[PDB]
Amino acid sequence: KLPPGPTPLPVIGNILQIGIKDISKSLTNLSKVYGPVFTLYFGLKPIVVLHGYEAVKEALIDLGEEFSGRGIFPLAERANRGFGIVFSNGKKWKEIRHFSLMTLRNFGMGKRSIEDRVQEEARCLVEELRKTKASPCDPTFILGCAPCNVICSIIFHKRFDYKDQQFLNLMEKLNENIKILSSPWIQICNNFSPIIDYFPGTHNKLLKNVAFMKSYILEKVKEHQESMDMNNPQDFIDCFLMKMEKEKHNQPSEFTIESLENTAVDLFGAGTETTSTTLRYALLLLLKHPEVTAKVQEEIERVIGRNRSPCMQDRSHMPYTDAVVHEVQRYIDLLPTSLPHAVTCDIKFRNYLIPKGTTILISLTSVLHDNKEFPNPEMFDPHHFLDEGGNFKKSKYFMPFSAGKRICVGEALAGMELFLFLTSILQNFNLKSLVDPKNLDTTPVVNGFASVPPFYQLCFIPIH
Ligand code: HEM
Ligand SMILES: CCCCc1nc(Cl)c(CO)n1Cc1ccc(-c2ccccc2-c2nn[nH]n2)cc1
Ligand SMILES: CCCCc1nc(Cl)c(CO)n1Cc1ccc(-c2ccccc2-c2nn[nH]n2)cc1
Ligand SMILES: [K+]
């Protein structure tokens, strides 16, 4: 038998007993009744939900391979998304994940480190902030250009200028699809309809923008096919073509131009929004808690100084700053239910049997907001990541990137973008709120499977 759960109604399952507004709250509520493991029916489709650290750890880590599948919904087909990493499964996934992990190492693509690409961008990020001349500002756009430009660098061997139109178009389309995909209507409600697509227009728009991006990725690929030093692959494309020119006798292969571009779109998709929002939300949290902003800056002044830009080495000699970044990610809880998983085979899990294919909903919130581990888990406090001596305190419950075999491919790159961009900003700027901190409110605004910070403006005031 499958786990227990609230008895569904005929043909709509448990649809109307789940608050579509704040799903994570609804799942947590259900846990208080049915426990750490439970089933919901999303219209005859069962969904096992894991909730709390113990359940999540033993599914995702202890039974990693079994829980390594990606849950597929109709939106996967309508927006054609199962051909890269994020939404692929089986071999296709195993191979492309692995290649991408290797390639995304810090020195996986030649002499230029990932870290050097990020530092170059942190520089430019700082420079744009200057161009705002200390006037009010909605950092949404600027802060999103950086993580996007890092992906551009990783994929095409170098960055764009923030006013280059090719870049602006790329970003526009990315930003459009992300906002579209964030609608409850597309993420949830259209998924109730397994065959008929009630938003054909929207999917058409989504695909039209993917194609624009794909077509650009092809213009670059071709160019890389005539700048090809086989001994110095300078970016993700070179590395991919290399792997292609080495599987020529293993047709058919997972590595083709089709998969390269699908994978590149996955990187753009996964790489810019969440990093971008996390930065935006970090600023808002620093504005609200200026004692924190000040202590990070003490660390920056003492360890880094002004004669140079920050590097990843500094991180180990900057426990307060490390705690702050960690606390931002834990508090904001951006993907409260990760990405749905699926089991790969028939699996006994605790008391119950879960059939192969069954969708699995991991509650990251449950872990990140565990109160034994993080007392007062609803209130931003770097102290959650600090021992009584002021050293950094690791946590098994730090899973903003999820856990196990499907853990964020970008874990390290994100942490590098979070640590470098924030230290770089706080190194050269002080932050002023337009309105008084007292009435700012940084509570997450939550809409389906997405947390987001509330609109705010601020001034980037230069120091020294
Ligand atoms: C603050 C930043 C980020 C957060 C919080 C985050 C979080 C996540 C989460 C929760 C997942 C779902 C994992 C799962 O299915 O269990 C995921 C998947 C993924 N992330 Fe990120 N991520 C971030 C940044 C990035 C960046 C910069 C990249 C750049 C390469 C990236 C690439 C991916 C990829 C490729 C996947 C799909 C992994 C797979 O299914 O095999 N992420 N991320
Ligand atoms: C299939 C032929 C048209 C496709 C399409 N490509 C683009 Cl570009 C546009 C921009 O609005 N569009 C049209 C489009 C029209 C309606 C929506 C939409 C907006 C809000 C609420 C429902 C809809 C909708 N989606 N599908 N049908 N109606 C989205 C995109
Ligand atoms: C111009 C192209 C814009 C990017 C975008 N539009 C479309 Cl449609 C795809 C579908 O794969 N993509 C790529 C896409 C890939 C993965 C995700 C995903 C990755 C990690 C965490 C959440 C996201 C998510 N899924 N749905 N919305 N955002 C987002 C976008
Ligand atoms: K239409």
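The residues of chain A that appear here are 28-491 by the PDB entry count, in order. We count ligands from 1, going down the list as the structure has it; atoms in each ligand are counted the same way. Below, each value reflects all heavy atoms present in this structure, side chains not excepted, and no hydrogens, waters or symmetry copies.
- In this structure, of losartan, tinengotinib, dovitinib, the molecule at ligand 3 is losartan.
- Here the macromolecule with the greatest number of atom pairs within 4.5 Å of losartan (ligand 3) is listed in the PDB entry as Cytochrome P450 2C9.
- With a heavy-atom cut-off of 4.0 Å, losartan (ligand 3) reaches no UniProt heme-binding residue of chain A.
- Applying a heavy-atom cut-off of 4.0 Å to losartan (ligand 3) picks out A106, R108, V113, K200, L201, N204, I205, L208, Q214, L233, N236, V237, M240, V292, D293, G296, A297, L362.
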